[PDB]
Student: 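Opened a PDB file with radezolid bound to 23S rRNA.
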Amino acid sequence: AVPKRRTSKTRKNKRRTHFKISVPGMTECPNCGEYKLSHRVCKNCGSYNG
Amino acid sequence: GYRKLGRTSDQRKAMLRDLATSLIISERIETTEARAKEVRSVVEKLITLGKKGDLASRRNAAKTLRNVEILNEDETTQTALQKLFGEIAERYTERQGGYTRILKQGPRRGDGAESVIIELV
Amino acid sequence: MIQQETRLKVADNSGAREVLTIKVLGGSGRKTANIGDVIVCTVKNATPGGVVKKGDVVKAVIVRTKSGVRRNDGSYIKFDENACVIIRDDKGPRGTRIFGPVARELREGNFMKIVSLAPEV
Amino acid sequence: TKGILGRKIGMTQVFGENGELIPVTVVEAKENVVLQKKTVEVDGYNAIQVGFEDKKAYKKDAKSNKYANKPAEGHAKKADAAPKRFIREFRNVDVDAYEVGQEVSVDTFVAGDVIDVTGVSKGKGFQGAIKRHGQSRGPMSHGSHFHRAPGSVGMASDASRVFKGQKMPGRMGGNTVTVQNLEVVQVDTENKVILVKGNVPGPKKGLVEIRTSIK
Amino acid sequence: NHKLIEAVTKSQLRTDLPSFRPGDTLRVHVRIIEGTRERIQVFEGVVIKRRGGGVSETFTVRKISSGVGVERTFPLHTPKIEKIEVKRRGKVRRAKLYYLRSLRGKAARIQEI
RNA sequence: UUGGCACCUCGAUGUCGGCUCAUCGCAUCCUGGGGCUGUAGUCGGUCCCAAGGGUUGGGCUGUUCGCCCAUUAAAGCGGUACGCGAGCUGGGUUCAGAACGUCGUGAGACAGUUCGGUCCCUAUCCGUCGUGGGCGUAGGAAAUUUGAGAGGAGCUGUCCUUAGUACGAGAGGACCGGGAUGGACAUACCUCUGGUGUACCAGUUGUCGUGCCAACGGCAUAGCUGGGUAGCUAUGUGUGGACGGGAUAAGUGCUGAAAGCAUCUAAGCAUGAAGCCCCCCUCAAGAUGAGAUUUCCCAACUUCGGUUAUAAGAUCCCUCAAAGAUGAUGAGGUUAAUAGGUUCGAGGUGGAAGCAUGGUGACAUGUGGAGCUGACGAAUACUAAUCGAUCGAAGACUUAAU
Ligand SMILES: CC(=O)NC[C@H]1CN(c2ccc(-c3ccc(CNCc4c[nH]nn4)cc3)c(F)c2)C(=O)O1
């Protein structure tokens, strides 16, 4: 099956409405001061210490 | 079983035994999140056989552990079975279950897989 | 018996030895028939000592099934082979002897002659 | 007419008086109170509300549904009761029941012997047309290239469309069904269980609704 | 074994039955109401299987009537059974004796302890 | 239906039967209600209402058609590109090979036979089956719920009893009412009877390895063979089409004139179908006409007349299954039994290892229904569900009633 018609810029830009990504969901660690992911270790100097 | 881990029956038993014998010689290894939850039950059942100490327990543990020469003893080529029933079994003589701890690292490069660290508590 | 092309053994004292089912009476689209059901069958192998010859369209009642039957009290009975008895229009058997055991539930007020001629019920 | 709620426990069997087999479903029914009563003046129809299983009180975090939130905590205090999940309404019952909370026991279903059970879910998720609508397959020998697919979906160029209500793959199971004309074997005190002949819809630990038969 | 299951099951279970192991001769006395009057009929055979459970426990007995085999399954705690005795015991090495179905004659016999 | 015409398509609209899945018409094959009869009864023959449901397996033939066998309450006739090949098949006819009869001087042809012979395509749009986000419903939230609408369901047999009664020379044998138990079909479910059960238990063959013997492991379909827990399942186990109202068709009427009688109709008043509208089951307020009930929340700044955050609540992330392609829905996050481990049970397998004793041995018997055991039921914070972050109100104007 082949497309019967060409695709518009309107129809092409409406389909990619939900073709996005979200924020990684990060927090601040009060041992290294830098941002980090949740339920994970500070990738910089530090550790989990849960 | 519990989860197939993307392999077949005979390949899954050869991989679970490879990680269990690695957590005894090094006591800390890096792996994937899905494989860390499976080897968590394989090692914790081998420590229970080490707290028994019977000859029937030494033979029920020879079916899993591979034959490697730990130098953790640092003398006399100690086997992966001789480290068990010894210093490992003495460390958890009072602890009742839960001899494993897993920590999460993050998605790795080129794979997007969750790297973790599993170690003996 | 159970289906359209099943081979049944004739148990009563007549020339018929093996018969081939042709139809299961009772309603339309009727598929199977358990112990106590009348069928239409044909004679495949016949005994010269009997009166029924090879290639005869007759009627018969089912008396033994390998599948079995369930009772109200919760018990089951199952046999080793399949068997049938050639009957008349008024439920009379063509033969004065019955061989082998017989299912315990055929005395429904209509097969009194069959259960009495049976050696063991 | 009467009705209660309960959780499906499992299937067993009992022996009759003369001796037989009766397949039996075990259903526990405890802590059933009246949370509200509705009349014809307000909302224009008579009914009663019932709560089945009490939950914990108000908490600071309350992030797992185990604790009743403020709108539900204040809802179960007007009836002088405890916050109970699984609230349902019974219209067939008579309104001779106090609007204030009062417990309902299993002993009211003695000598009932005619009930019906409402199921909440099945849990299959299976999509295939053979498994969902019970269709026939195609040949498996003979060079066939048609085993478990649905057949034609319409005619050719007369309607030039697919009619509504076709039998196509999709999620199956998990819908409301109601089995009618069951029977009550025995009502057990000190366990608050009811024995029902046959089998009820839903998996284990699922809510069931027992009402008086309408026929 | 849910706790609410045995609570209702404890009213139906029986105890007077003697314990037997698969692979022994069993003489069963069953009551039949077939006909206007009631009477007791005996069933004698070998126990070929016994699947577990609570109230829903069954056992299977197989005999030979005349050349052909007969198999009957009874629930353990049924009221229809009046009495059960153990006539002869046997030596087997498995719980399910499914191989007896195909054998007959001098091969369908079991040694005794 | 066989034709007549040659109006669209030759820079392509794939022909016969069969399979899967349907849908519509009434000129009705079965069932429901009636009139007439050369209708005694039991069975019929005609015509009139009626489309709700039902309308079977085999042999021969590529066959449609047709004949035959055994059943059934009955085995209806047609439309849909003689429905359906981007859903399947390719036995028939119309490819290249070969042969027969026949025809032609011949290369070759059939008013004819026979045996072989490549069926491609990742779904853009409308359509259909499932399932999410956004905004709306003049404050923001959590539960319960009314039903304008829409879909599902709708079938029927054999015996018993009224009664060997009515009817009839005898044979033969009821209407109307009341029970029992099946056939096909539809749905829930796994306690039973079975199937499966690739991280459960047990027997055994060849070869290699753990230094050797004993005891184990790898490889040969899961090496092979006998059993089997949870889950999923039919052929297994329950249930369903029950019982009634209202308006009608074909029919039968009462009263009654136009037409002094008569007459169902013109006024008026009834009775009367498996069909129609309901009663039974499911979805349903995006029903923009956006409904109803119950409970929870309520300030600080401003001269904007309007803003910001927080509240009630809901999510990011994390442990999971009663749910599941993903998401969504459910059970839980340290005031914690959500999942592992540990400790006891249920079910399954059927007598572990070591030692002892008896035989020259292969083996057998004891301590011991031992040992082992995924998915099932309990108890127990021992290991992970840390610490944190985001989103989310402060209620428009007019007229009546106070
Ligand atoms: C190949 C293609 O792509 N064609 C595109 C066009 C053409 N076409 C089409 C298709 C089918 C046919 C056709 C149909 C049936 C018969 C009868 N056979 C028996 C016989 C009789 N006498 N002798 N044998 C003959 C031909 C046609 F006549 C036309 C269509 O549908 O569109």
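Chain naming here is simple, since letters A, B, ... match the order of the sequence lines and numbering starts at 1 in each. As the structure lists them, so they are numbered: ligands from 1, and atoms in each ligand from 1. Only part shown; contacts counted inside that part.
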Student: Name every other chain with any non-hydrogen atom less than 4.0 Å from radezolid.
Tutor: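 Chains with a heavy atom under 4.0 Å: F.
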Student: Can you walk me through which residues contact radezolid using 4.0 Å for heavy atoms?
Tutor: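 At that heavy-atom cut-off, the site is F:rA12, F:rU13, F:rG14, F:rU15, F:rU94.
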Student: Report the organism recorded for RNA chain F in the deposit.
Tutor: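 The organism in the entry is Staphylococcus aureus.
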